[PDB]
Visitor: 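Here it is, the structure in full.
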Amino acid sequence: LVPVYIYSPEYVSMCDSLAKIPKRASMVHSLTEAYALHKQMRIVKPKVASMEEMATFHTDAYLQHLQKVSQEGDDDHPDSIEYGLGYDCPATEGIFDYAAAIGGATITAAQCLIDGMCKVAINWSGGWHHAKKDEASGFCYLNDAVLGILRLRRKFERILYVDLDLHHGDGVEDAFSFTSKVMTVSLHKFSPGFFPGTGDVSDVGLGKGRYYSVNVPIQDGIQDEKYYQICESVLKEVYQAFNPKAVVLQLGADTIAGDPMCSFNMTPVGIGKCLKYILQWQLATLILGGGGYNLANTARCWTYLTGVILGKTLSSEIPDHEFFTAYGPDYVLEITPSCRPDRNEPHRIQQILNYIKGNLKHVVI
Ligand SMILES: O=C(CCCCCCC(=O)Nc1ccccc1)NO
Ligand SMILES: [K+]
Ligand SMILES: [K+]
Ligand SMILES: [Zn+2]
């Protein structure tokens, strides 16, 4: 079964309108198209999420508020601050249709996996992992990752969420904090002052979900080899302990060298090794994007990872296409790490891995 690629011209145009990542969806799609990768995938038009689908996670009061301020773009509603709207998540006109489109696209990908249409379904414009049931957060108005997991739960009894974004996947972790049917694994920068502030290795979930949240706090400057070593170690133990039946994988590209966040120092090759490790489990896998604020590098990264999913080696030269002039100064697909130090002490990393190994001993059946 060829991978499913969630795409429509109207969906990309809607995603392009997000003020924090303008035209990023067009750049990702047009680069993948220029490498001719869409011909090797099953292109599926996303459905827009219904109110009832979004309310599987979000409260009706939040959804109705988002719908109301979306009408005229009311960025001064008295209740908006209560719902997390205003600064990182402004109440712009049409944002509810934007949110419902991204939520629906991830649900559509999940439904493709349930129906056996494919073993891999891709929504690069998804991955908005910070939104809470009743609150926008960190550029995220709707938590499409949670919506996709809840759709997968119609069929799959154990779902593994893996979050390789620079930031802690707090909204997804919190949504499933109290359950053992969904295990969340997040690798992220963890440093006092760095958003969202949560996700220490000691954060393991709560109640019946205790030990079914895994957090790998990492410092500035990590590069491909050490990151893969960490990721493989954790995922090997998680797979043995939890035996997931489906995977949701968030691949935010704000870890990549050259991102204005200027924190990690990864290239798509290292992220791609993590992706390959998950793919060889041969489980139903839902692929999401996320952060990524060097727009050309984010397109480079997700195009390369689409190649990985397809088992294809891509030419190093960026093909001639609409956004070719954005790929300077070198106009190649490869990304060179910055000449910055790796702040990850090997013994602290090993201590973190030791803690996680101990936690996963408690994970039973
Ligand atoms: O990538 C993300 C979204 C990050 C949400 C924003 C965090 C706060 C922040 O970095 N704000 C900021 C960034 C650049 C310039 C000014 C403020 N989540 O994974
Ligand atoms: K993460
Ligand atoms: K959990
Ligand atoms: Zn991020």
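Throughout, chain A uses the PDB entry numbering, with the displayed residues spanning 14-378 in order. What you see below is based on every heavy atom in this structure, not just the backbone, and it leaves out hydrogens, waters and symmetry mates. This entry, so its header tells us, was determined using X-ray crystallography, 1.5 Å. We count ligands from 1, going down the list as the structure has it; atoms in each ligand are counted the same way.
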Visitor: I keep forgetting: which drug shows up at ligand 1?
Guide: vorinostat
Visitor: Just trying to sort out this structure - which chain has the greatest number of contacts to vorinostat, name per UniProt?
Guide: Histone deacetylase 8
Visitor: Tell me, which protein residue and heavy-atom name are nearest atom 17 (C) of vorinostat, and how many Å apart are they?
Guide: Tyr100 OH, 4.3 Å
Visitor: Hey, is atom 12 (C) of vorinostat touched by any protein heavy atom at less than 4.0 Å?
Guide: no
Visitor: Under 4.0 Å from vorinostat, counting heavy atoms only, is it the side chain of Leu179, its backbone, both or neither?
Guide: neither
Visitor: Can a protein heavy atom be found under 4.0 Å away from atom 2 (C) of vorinostat?
Guide: yes
Visitor: With heavy atoms of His142 as the reference, note each atom of vorinostat found under 4.0 Å away.
Guide: 18 (N), 19 (O)
Visitor: Measured between heavy atoms, which UniProt-annotated divalent metal cation-binding residues of chain A are under 4.0 Å from vorinostat?
Guide: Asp178, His180, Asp267
Visitor: Return yes or no for this condition: an N or O of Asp267 is under 3.5 Å from an N or O of vorinostat.
Guide: yes
Visitor: In chain A, which UniProt active-site residue has the smallest heavy-atom distance to vorinostat, and what is that distance rounded to 1 Å?
Guide: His143, 3 Å
Visitor: For vorinostat, which atoms sit closer than 4.0 Å to a heavy atom of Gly151?
Guide: 3 (C), 5 (C)
Visitor: UniProt substrate-binding residues in chain A with a heavy atom under 4.0 Å from vorinostat?
Guide: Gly151, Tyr306
Visitor: Can you see any other ligands or ions closer than 4.0 Å to vorinostat in this structure?
Guide: ligand 4 (zinc ion)
Visitor: Is it the case that vorinostat has an N or O less than 3.5 angstrom from some N or O of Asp178?
Guide: yes
Visitor: Kindly state if atom 15 (C) of vorinostat has a protein heavy atom within a strict 4.0 Å cut-off, that is, under 4.0 Å?
Guide: no
Visitor: Taking atom 6 (C) of vorinostat as the point of reference, which of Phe152, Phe207, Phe208 owns the nearest heavy atom?
Guide: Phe152
Visitor: Have a look at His143, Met274, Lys33 and point out the one with the heavy atom closest to atom 18 (N) of vorinostat.
Guide: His143
Visitor: Out of curiosity, which residue and atom connect to vorinostat through a covalent bond, if any?
Guide: none
Visitor: Enumerate the atoms of vorinostat whose separation from the nearest heavy atom of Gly304 is less than 4.0 angstrom.
Guide: 1 (O)
Visitor: Write out the binding site of vorinostat as chain and residue number, heavy atoms closer than 4.0 Å.
Guide: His142, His143, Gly151, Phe152, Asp178, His180, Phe208, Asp267, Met274, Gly304, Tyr306
